[PDB]
Peer 1: 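Dropping a structure here in structure tokens format, bear with me for questions.
Here is the naming used below: chain letters follow the sequence lines, and residue numbers restart at 1 for every chain. What's counted below: heavy atoms across the whole structure, side chains too, no hydrogens, waters or symmetry copies. Heads up, header says this was done by electron microscopy, 3.1 Å. Ligands are counted one by one from 1 in listed order, and the atoms in each one are counted from 1 as well.
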Amino acid sequence: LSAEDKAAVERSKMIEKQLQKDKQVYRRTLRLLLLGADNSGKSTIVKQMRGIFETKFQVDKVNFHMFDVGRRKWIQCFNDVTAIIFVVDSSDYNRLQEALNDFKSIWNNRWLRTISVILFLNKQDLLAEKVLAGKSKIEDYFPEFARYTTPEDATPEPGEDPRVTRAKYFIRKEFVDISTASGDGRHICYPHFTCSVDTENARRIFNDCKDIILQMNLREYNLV
Amino acid sequence: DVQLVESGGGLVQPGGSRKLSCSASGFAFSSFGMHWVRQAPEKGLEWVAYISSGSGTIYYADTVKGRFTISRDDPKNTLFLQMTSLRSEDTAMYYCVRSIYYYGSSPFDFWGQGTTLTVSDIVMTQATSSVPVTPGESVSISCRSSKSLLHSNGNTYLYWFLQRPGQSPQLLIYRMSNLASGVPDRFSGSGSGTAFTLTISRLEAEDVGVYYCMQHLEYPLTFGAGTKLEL
Amino acid sequence: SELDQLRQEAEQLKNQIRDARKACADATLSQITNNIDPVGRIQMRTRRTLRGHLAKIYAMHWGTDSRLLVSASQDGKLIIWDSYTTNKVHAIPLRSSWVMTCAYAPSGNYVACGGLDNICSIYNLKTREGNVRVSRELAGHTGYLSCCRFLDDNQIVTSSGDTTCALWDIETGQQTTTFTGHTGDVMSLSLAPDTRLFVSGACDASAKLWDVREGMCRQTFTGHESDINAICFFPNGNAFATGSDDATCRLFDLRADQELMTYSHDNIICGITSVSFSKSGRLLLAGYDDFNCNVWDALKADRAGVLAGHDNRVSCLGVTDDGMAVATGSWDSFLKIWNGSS
Amino acid sequence: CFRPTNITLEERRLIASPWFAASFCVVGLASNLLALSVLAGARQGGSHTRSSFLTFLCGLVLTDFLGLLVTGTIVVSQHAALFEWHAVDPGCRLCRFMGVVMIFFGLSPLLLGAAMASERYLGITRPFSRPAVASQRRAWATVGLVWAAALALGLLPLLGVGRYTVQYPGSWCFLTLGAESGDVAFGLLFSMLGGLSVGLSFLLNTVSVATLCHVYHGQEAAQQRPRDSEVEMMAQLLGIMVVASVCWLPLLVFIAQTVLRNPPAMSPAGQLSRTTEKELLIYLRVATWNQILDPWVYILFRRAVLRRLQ
Amino acid sequence: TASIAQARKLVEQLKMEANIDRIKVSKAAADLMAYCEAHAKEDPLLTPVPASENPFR
Ligand SMILES: O=C(O)CCC/C=C\C[C@@H]1[C@@H](/C=C/[C@@H](O)COc2cccc(Cl)c2)[C@H](O)C[C@@H]1O
């Protein structure tokens, strides 16, 4: 080397030291891809916990970086996210089939074959009121709902109408049925029952991501 | 704008100590290596010390090694030179020089105004001390080196500086052929091995001054005697 | 009535063009180049590995000096590499980390990048302050930025996912020309050597040739069955090659206005991410989803060799202007420099 | 070093059977080779990058494979070639090499077993602590320290604390169970280091099994996903807690009691009782199977590994 | 009237593309083959240079 080359290599090594500081922050942060529709209310869910709309929140000394987007080409960018938060509006029975069609596209996506889905069934309070009124019948859109009965293993919330429980688990079954269709256990769907005004939405992502991270390890130690 | 202001100079007793400061504004100071270059009255330039970006590498001239300490404060963008056991040989104008080093960079591009201190190895040769010139006429300046400045990577580490009367030196040619930013295209640097020529086509009044050739092949950095152009 | 009549005329025009192309399809490129000898086996070794990116590398572009290159990764870092020494010359922190393309200006004074933020950011590399700063942010696209290429220090062409390409005046920050006509997301563009024309490939499985000055589409090239992801002009400017998700590469001719050759293999069932030509154009290098880079014989449609040095998708590749080396970027966060040996 | 030995003809085939130590090598080499070829596919597949587990596991297989090859050939040879030890090798050079190579290749699995236990403990109890890159350079260092720490204890007899002497029946060298100050200090230190490593592996692998039970019993986990991956892991950790403790604790406890026996088990002339010479040999052969079952319990008992072989 | 306006533009574009001059594929193929042959010697990837001339030794 010459006198300027040694100085040049020193500059290159100071850039690497600056990249090292950024790598420590990068690996310690979990990145979540937030998907949904306009009526899903996903923008309210992220707002309560707080091109691409990015949000960073920290829960129990763990940093979460969530991307809100509102597609086979740009979806390859989110190939390394820890989880995908798919949000639907259960009250709107009319567009539920669109959500199921959209959910099936993401679950069976080639570039998301190892990404777990933290499914959110948003606005459960609106779903409870809609069923309680009885004006709208789910059997009109889903005829198989008539022959559906609540499993004995179900754990309804206290003070809940059994009619709501039968409908609430039926919608959840529709998405979970899609999850088990294919995949062979590489990724897991995590159904939940949330609302816009819910304050525990941050914790539900926390525990589900901890299970996702833990299941990454158990695949590594079992040589899967 | 890019500025380099030196302070701390003044009359000192022999064997004393003095602290020189170089405040930098208008550029990313922490990204630039810094040199101190001094010039004795009615003499040529003499390199004193060097501190790299990040303070990882420090070099001194043999005549000052052990007595001078060079340091920088990146958050304050200030360059320091702690001097001890000052001798009458140290009476000179001390220049603060920025230099950044990467592929295609231009080291020694900006010099400070300098501070005056008064106390109570490749050889670069410029045999022609003075050259009488007239405006509009082509002038050639020759420089020689004891060692070949051509490295195995293809670079020839030769630099050309111009010190107009009353002004700080300015970079003209870096690595023997490249023209520094803000320098008119009439200046051209040509050389091979140990012999180098600086051609100045269509000389103007501003070009009047002393021209120094410096080698950057290895430390310590050495300057030529200098060739003066006069009308 | 009027709408039905007009759409029938389009079908007649499409048949007229198809008949016109069939009229001039007297011979096949395979028949023409049957006599010439094959290139043999192409063996390339990894001379350099550029490490330091902490995420998937999505784009790279050589500078015109054939020594410096810029790479973009989705860790929000633009890095400029000295390929001879593997030294990092610059590290540009991006405001938006979802970068999808990067370009090196032919003068070497500027670099450009942009992604899902719908912005093309121009960075000045030669400043008196000694740092890289944003000089311009080109706003106006309503979709993600998929590719960008400098024409000079003041002009750049960008393709976006909003189905349009644009020509920009960097000094004024306004797009002088807008190129419309693609019905899908435009994924790539390539500039002709004289920078008077450029081709773009979209997700409608079609490649369109655009006139830069006039601002309209001159020719449309079809034949792919899926989205085109990559495109590259032939070194003489009279042809270009595309790469699609159907595991095929096609060589289209501008003057013949039709496909000349298909580069596919039965073992290859994965999509193509990047394509480039060697300096003489005899070699076609393509990056694939199956972690490999296949070097094809452009004239004879023979797989000359394989560059297998990455553990994830080869997302981009490029050949220097002097033809000395080829760089491949990958989702495994590494860049590699390849060339052969005597 | 060449202590007096008198091998009876009756015990030459019952307790000191020549094939007793030759069958273990054949089964041990086959098991490690089977678990090393199948480990090559995992490393060459590149799918194990978020855990340092493959770094530790590769070292454990190599250490056991060499351990059954270095001492494997020496013991088998002495039964056939160069039967006399004080005549074929009158110099004590071999015993120093044999004595060190036993401690190095025996205390490595205990430390490595206690290293993988810590890795599994942190990757299960607190999943968020473990980063994704899981740098291999910072993982081969811990394997290096394990190799060095095992070798550091092995060189203590060579520096005057303890000594290596030929044991019954006269085909292997080992630490001497004397009443000297050096023997007591070195013998108890070896048991303490081994005993703590086994104690640490058992203690950590209990918490991991206890932490998975809390996860497994989860009511949501019963229906949200079939949790058969934790069952595959509960079996693996339990196998470690059994094989490591059963094979090694008797040998480590035996040394601790034998050293502290009053009167000392070694005569002042330097001769052990015949029963003690038999018990040490028997208990050692039990601990030999830990190096043979480690490639099985860690690797070859996995349902995701048995599927590849078929 | 959005569809009818788009239909006129699409028809007008197809007229421009149908009026271009097309050379034979054999003529175009020969030019591509000629260019590769003429520049074959100056292609380092096709014909690797001696190690002394390789910047990436
Ligand atoms: O019948 C005979 O002639 C006497 C043979 C018994 C003497 C040594 C047993 C060796 C075995 C060694 C395996 C390695 O694991 C050694 O490492 C260890 C193991 C236990 C404890 C400690 Cl401290 C370190 C090997 O398979 C062949 C031979 O049986």
Peer 1: If you rank chains by how many heavy-atom contacts each makes with ligand 1, which has the most, and what name does UniProt give it?
Peer 2: Thromboxane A2 receptor
Peer 1: Please tell me which drug sits at ligand 1.
Peer 2: cloprostenol
Peer 1: Give, by letter, every other chain that has a heavy atom closer than 4.0 Å to cloprostenol.
Peer 2: D
Peer 1: Heavy-atom distance under 4.0 Å from cloprostenol: which UniProt transmembrane segments of chain D, counted from the N terminus, qualify?
Peer 2: 1, 2, 3, 5, 6, 7
Peer 1: What residues line the site of cloprostenol at a non-hydrogen cut-off of 4.0 Å?
Peer 2: D/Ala21, D/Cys25, D/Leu68, D/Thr71, D/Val75, D/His79, D/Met102, D/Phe105, D/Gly106, D/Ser171, D/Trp172, D/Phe174, D/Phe190, D/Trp248, D/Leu251, D/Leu281, D/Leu284, D/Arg285, D/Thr288, D/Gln291
